[PDB]
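Notes on a structure featuring ligelizumab.
Per chain, numbering begins at 1; letters A, B, ... match sequence-line order.
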Amino acid sequence: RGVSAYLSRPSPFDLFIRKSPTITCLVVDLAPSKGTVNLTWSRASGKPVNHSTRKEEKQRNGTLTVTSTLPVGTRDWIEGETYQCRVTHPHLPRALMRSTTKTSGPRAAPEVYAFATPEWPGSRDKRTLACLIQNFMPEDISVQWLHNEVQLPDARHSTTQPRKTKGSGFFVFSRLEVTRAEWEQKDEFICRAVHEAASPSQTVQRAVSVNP
Amino acid sequence: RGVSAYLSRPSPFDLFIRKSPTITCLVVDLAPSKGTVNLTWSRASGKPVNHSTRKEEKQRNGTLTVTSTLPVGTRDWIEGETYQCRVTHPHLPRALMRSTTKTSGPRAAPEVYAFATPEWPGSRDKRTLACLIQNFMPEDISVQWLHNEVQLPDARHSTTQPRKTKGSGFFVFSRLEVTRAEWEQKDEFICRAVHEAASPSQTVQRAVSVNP
Amino acid sequence: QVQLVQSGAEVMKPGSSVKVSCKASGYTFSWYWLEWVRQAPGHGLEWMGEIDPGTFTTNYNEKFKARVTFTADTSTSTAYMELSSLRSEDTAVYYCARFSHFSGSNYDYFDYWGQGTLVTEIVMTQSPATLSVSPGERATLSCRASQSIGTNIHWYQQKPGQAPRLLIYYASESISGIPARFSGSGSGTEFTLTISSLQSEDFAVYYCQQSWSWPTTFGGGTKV
Amino acid sequence: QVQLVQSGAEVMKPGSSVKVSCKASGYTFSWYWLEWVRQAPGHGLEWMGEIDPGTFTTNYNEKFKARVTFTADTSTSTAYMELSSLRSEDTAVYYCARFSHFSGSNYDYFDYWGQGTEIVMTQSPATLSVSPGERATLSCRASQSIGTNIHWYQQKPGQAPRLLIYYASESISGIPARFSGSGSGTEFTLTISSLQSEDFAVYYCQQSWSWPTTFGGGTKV
Ligand SMILES: *[C@@H]1O[C@H](CO)[C@@H](O[C@@H]2O[C@H](CO)[C@@H](O[C@@H]3O[C@H](CO[C@H]4O[C@H](CO)[C@@H](O)[C@H](O)[C@@H]4O)[C@@H](O)[C@H](O[C@H]4O[C@H](CO)[C@@H](O)[C@H](O)[C@@H]4O)[C@@H]3O)[C@H](O)[C@H]2NC(C)=O)[C@H](O)[C@H]1NC(C)=O
Ligand SMILES: *[C@@H]1O[C@H](CO)[C@@H](O[C@@H]2O[C@H](CO)[C@@H](O[C@@H]3O[C@H](CO)[C@@H](O)[C@H](O[C@H]4O[C@H](CO)[C@@H](O)[C@H](O)[C@@H]4O)[C@@H]3O)[C@H](O)[C@H]2NC(C)=O)[C@H](O)[C@H]1NC(C)=O
């Protein structure tokens, strides 16, 4: 019966490939008030911290959400530095804080499956490609599709939040729709998943041509 | 923090094959109180109503969820009669009402794609099968896996609730893990989707072998 | 498949009894609260009252308390409204309403057959008054209430000569079948209904609704 | 990567000054409230006090207010507790606590290396020794209805109480799924699906609803 806030961990693609990790500390269901909410950051070593971008905007059902994103060093995160997001709101009696850091659990390499559908009736112009990532731990993972060595927009391919497998690990399914002109330009489509457990370079990829 | 309740629609598998479609009216976020909640049912035509089985249960997050399941005749639903669930709660000033009926939107037949995973080290006996159901309307759908004409339990296969594709229709992914002895018993496994748009008998299926 | 029919327009003279009959078809008449609203020239349509047919209890507006009378008949699935002490200013059109609802007050689902012609404390402010047709151009409508209502607001579409059509309930979600161009957002005292693209197919008066407190009030409306 | 070092045990006799130091590593010493809890052998854990080093403000228990003294040091990230009026009657082990929290009052994350030579609930059943293979349920009921603001701690003998369940419903990571908690209002139940000699310890009830914070008598297995 109280306001809560959630904190997220940086995605592996922003960590290893982009090399710019995104840390998000967000607050939710805040009853709108003239009180200003102050979000501060610190790290466990008590040594200097990079400034955080602050973005506050209202939401559709009327509850307020304020978010602050802090850029982090890649090695600072892999070494395990623990980060502290402090939220203070006059509505709350005492300050609220949330902490996060690297997970030390068992690591499982991601298994990548790239599948293409045969040309079936009624959709000559649009084709569908599916990707299945299986048996990876921890739950942090980022998946992407590259067409002609280019980063396709996030909107283009629909992905699924990780769910625990029936056996061991988690599995993620993603669906991509290719236009006729896309495979008309180039026929190689490779699905690659970035994950902390993954190696050599935290990348696992599989490609198969539209026709086997 | 007002309390709300939802009513659900019958699944196509319970509708077309089982011949017993059940509509469930349930309440959630119930603030626990000694006041007992009463749920009644009616149909729009004022025609007979079968008694609804009522089950009330607590949940992990402490909120009470109370459900009432009413069996409906398949013909009554295909005709399109709209059913009304009336919920009355001593805390609420006036009763609450929820209504449901058949969908009349455009209907698209489901496309089924069955995929098999290559044999990976450390799990020689157990393999993974994937199914993609695509371009179907409306978002009513139920999926099943048949192994040598046997229904594997719903729990065995992890499925995804339908979400709207970038274009027109919805897509559903389902993941199943096969035992060694099962494909030793029979090697063709059939992914079947039950949907209103599907025909002749509201079933669309494609099969995949575990390995060639 | 839920229709409810009000009475054919009836001629009246000052000081004469008037009766209006609302019949309900397509849903169980007993369970839903019925409501009566009055739209007068120079007055936004405003709450006249409501009735529960299951228990025959009644609720009244401040101004209509003594004049109006509400009744119902279970077998005929009809509800009637009668009033006396008619005044020349009291010529108006009367819409009978259903009350699909969560708790005390909420949106309404209703048809259009009431005309009254005789021979002769929260206000909702809706603005701009009028904006004429310009197809393909975004049109924004604003509604403001004196006291903060939270999210208990609703948007109606009344094409001239027909019933107000419920468009948005609670200012966020659209009822099914409505084109996605209509969108609502807002909170507190201010609210805005935005039509992404304006089409001559949908031209009408749009009325603001208040569910927060009693009596329920409606904005002046904005026609195009 | 967050451990806290309490001070080495020291000799005491009635009427002598005592100082014990709690050191903080792995988190910013200034931002989190520190707390002091007292466990006396044969008595359930009882609230001793708390201190904020960021503002140097201090809070005290009803009975220990005048006896106890609280201070902290920001530069080295160390905080120590001092006490007077010592009696052997006051023989107990004092576990130093941190205050990780959501809103006003909450569970604690702390280590325990300090030993010194009131809206309370009912702890039940009092004690039960090892019995393998049978589901074990521990019951905690508080004098004033607590809603769901309760916590479960596990102290293996000689170590720090380790937080098991927060708010009685959901378990902290790393804990096996066999431990489960449920309840509402005044009543709460902790259920172990299968009991194994692998996890044997005392389990203490926690109430943050009102001041002072209280702990159950405990149940050892
Ligand atoms: C505390 O515990 C309760 C226990 O129920 C949780 O309740 C769940 O969340 C909400 C209510 O809080 C319910 O939401 C509704 O879910 C329906 C889904 O049910 C179908 O799918 C499930 C899979 O989850 C099947 O098992 C089931 O058979 C049904 O076929 C939706 O149909 C409802 O739709 C409405 O919301 C959606 C958004 O999802 C909108 O897009 C729609 O327009 C529509 O308005 C609705 O989502 C949910 O059903 C409850 N669980 C279950 C199992 O029913 C609380 O979430 C939990 N909260 C916390 C904080 O712990
Ligand atoms: C009304 O206002 C807004 C809608 O406009 C809505 O805000 C939503 O609040 C919920 C929580 O109250 C948010 O849900 C969170 O989503 C994050 C996103 O990843 C989840 O991570 C959170 O839960 C899991 O987090 C981890 C996985 O990420 C898990 O490890 C963890 O154990 C949790 O299971 C959490 O569910 C939701 O994101 C926002 N909405 C948006 C758009 O961000 C609000 O709740 C609405 N209603 C009320 C009553 O406030």
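Every copy of ligelizumab considered, the relevant parts of the structure are chains C and D.
By contact count, the main macromolecule holding ligelizumab (chain C) here is known in the PDB entry as IgE. Taking 4.5 Å as the heavy-atom limit, the other chains contacting ligelizumab (chain C) are B. Across chain B, the UniProt domain dominating contacts with ligelizumab (chain C) is Ig-like 3. The deposited model's entry lists chain C under the name Ligelizumab.
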